[PDB]
Student: 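Model contains nacubactam (bound form). Questions to follow.
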Amino acid sequence: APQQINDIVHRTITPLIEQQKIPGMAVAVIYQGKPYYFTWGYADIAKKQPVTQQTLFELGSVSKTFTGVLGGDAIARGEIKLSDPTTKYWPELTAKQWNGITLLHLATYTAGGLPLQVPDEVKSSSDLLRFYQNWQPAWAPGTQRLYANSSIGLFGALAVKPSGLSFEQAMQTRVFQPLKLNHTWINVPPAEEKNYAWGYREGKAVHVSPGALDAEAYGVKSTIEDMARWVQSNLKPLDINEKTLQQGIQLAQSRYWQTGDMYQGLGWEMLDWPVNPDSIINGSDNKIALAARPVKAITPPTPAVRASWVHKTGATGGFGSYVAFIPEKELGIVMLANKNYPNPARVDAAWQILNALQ
Ligand SMILES: *C(=O)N1C[C@H](NOS(=O)(=O)O)CC[C@H]1C(=O)NOCCN
Ligand SMILES: [Cl-]
Ligand SMILES: [Zn+2]
Ligand SMILES: [Zn+2]
């Protein structure tokens, strides 16, 4: 890699790892469209297995960027419209509070207070219907953004219904395969488990547990190489030969709502570039990112703006992830770690690196 990249990555990430006690980490810096890879530490501490460019990490909520793009691809196929009512795809959702809640609301956390998590006791399709049938909104739809796995998770499950495919099959056929993300998995196959890093929480090795709508909201695992290719695909959608997927990538970066200086896409979130670094750093703290905030609609949604900072945080019990990129600059970063450490530390490090290379 260019010396300037090696230098800034060492001076930023090695101290981050020292400060946060991260056991293993992989970073890709995309500079002028090309990825440069860096690894540190161990995927499995007790086995002394190093992190490599083939190590699988839990992406956590970064999974929502795949869900948003798959939803965009369905829009581009004419299979769904964001203005469609939820009940078009789930007519058994007969409770009156669902009148007026659209796929857009589900995708963008604006349905009126769907909760952060689907309850752990939801184990069957019957449980899931009961959950949504009994949920009572705190706000009218399209007025407040409250980040929620139960919201975008339902969006992903319903967006694939017209295809007749399961969510996993749709994602594999329509997103992973065309983009050659051949080491990205909703369910890690047995032959690939050797590459699956352990997450570390309070010193103990952990993997994410199964849960309702997990694939849609937080369940994807991937390598640093596939995640760099995911960033390249979102930086340069016109390089994608499949027109519906090219368009789905673009639609996931459209701006549907604004609150403060942030814009909500499908999975992705965006700010105008140049960005105020303190806004992205401070805004990533869970106390802020997860709070209910009023939104203003953008109608029509702003088509993807090249001069944007586009990003997403993610975590599981044992992992912490961050992806950010700037289309106009062909510049991006992926940071995958097997410890969940605070979002602001991730974003600060990412901005120090990308700011140094702009
Ligand atoms: C995503 O990783 N999520 C949802 C929510 N996202 O906040 S973020 O990581 O800062 O963007 C916080 C919790 C977290 C999870 O739900 N992770 O999955 C673990 C099992 N629920
Ligand atoms: Cl140094
Ligand atoms: Zn040093
Ligand atoms: Zn392989």
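Numbers in chain A come straight from the PDB entry, and the residues shown are 4-361, in order. Just follow the structure's listing: the first ligand is 1, and inside any ligand the first atom is 1. Looks like X-ray crystallography, 1.5 Å, at least that's what the header says. These values consider heavy atoms only, across backbone and side chains, with no hydrogens, waters or symmetry-generated copies.
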Student: Indicate which ligands or chains correspond to nacubactam (bound form).
Tutor: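 It sits at ligand 1.
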Student: Tell me which chain touches nacubactam (bound form, ligand 1) most, using the name in the PDB entry.
Tutor: Beta-lactamase
Student: Which residues form the binding site of nacubactam (bound form, ligand 1) when counting heavy atoms under 4.0 Å?
Tutor: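 Within 4.0 Å on heavy atoms: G63, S64, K67, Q120, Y150, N152, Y221, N289, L293, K315, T316, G317, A318, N346.
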Student: List nacubactam (bound form, ligand 1) atoms under 4.0 Å from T316, heavy atoms only on the residue side.
Tutor: 8 (S), 9 (O), 10 (O), 11 (O)
Student: Kindly confirm or rule out an N or O of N346 lying under 3.5 angstrom from an N or O of nacubactam (bound form, ligand 1).
Tutor: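 Looking only at distances, the answer is yes, because the N/O contact criterion of under 3.5 Å is met.
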Student: Tell me which UniProt active-site residue of chain A is closest to nacubactam (bound form, ligand 1) and the heavy-atom distance to 1 Å.
Tutor: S64, 1 Å
Student: I'd love to know which of the UniProt beta-lactam-binding residues in chain A sit under 4.0 Å from nacubactam (bound form, ligand 1), measured heavy atom to heavy atom.
Tutor: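 Going by heavy atoms, UniProt's beta-lactam binders that qualify: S64, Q120, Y150, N152, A318.
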Student: Checking the N or O distance criterion of under 3.5 Å, is nacubactam (bound form, ligand 1) in contact with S287?
Tutor: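 No, no N or O pair falls under 3.5 Å.
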Student: Side chain or backbone, does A318 bring an N or O within less than 3.5 Å of an N or O on nacubactam (bound form, ligand 1)?
Tutor: yes
Student: What are the atoms of nacubactam (bound form, ligand 1), with element, lying closer than 4.0 Å to any heavy atom of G317?
Tutor: 2 (O), 9 (O)
Student: Which other ligands and ions neighbour nacubactam (bound form, ligand 1) at distances under 4.0 Å?
Tutor: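 Within less than 4.0 Å, you get none.
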Student: Would you check for a covalent tether on nacubactam (bound form, ligand 1) and tell me the residue and atom?
Tutor: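 The model shows a covalent bond at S64 OG.
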Student: Consider every N or O of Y221 and every N or O of nacubactam (bound form, ligand 1), then say whether any pair is closer than 3.5 Å.
Tutor: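 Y221 vs nacubactam (bound form, ligand 1): no N/O contact under 3.5 Å.
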Student: Help me out: which organism is listed for chain A in the entry?
Tutor: Escherichia coli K-12
Student: Is any N or O atom of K315, backbone or side chain, closer than 3.5 Å to an N or O atom of nacubactam (bound form, ligand 1)?
Tutor: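 Yes.
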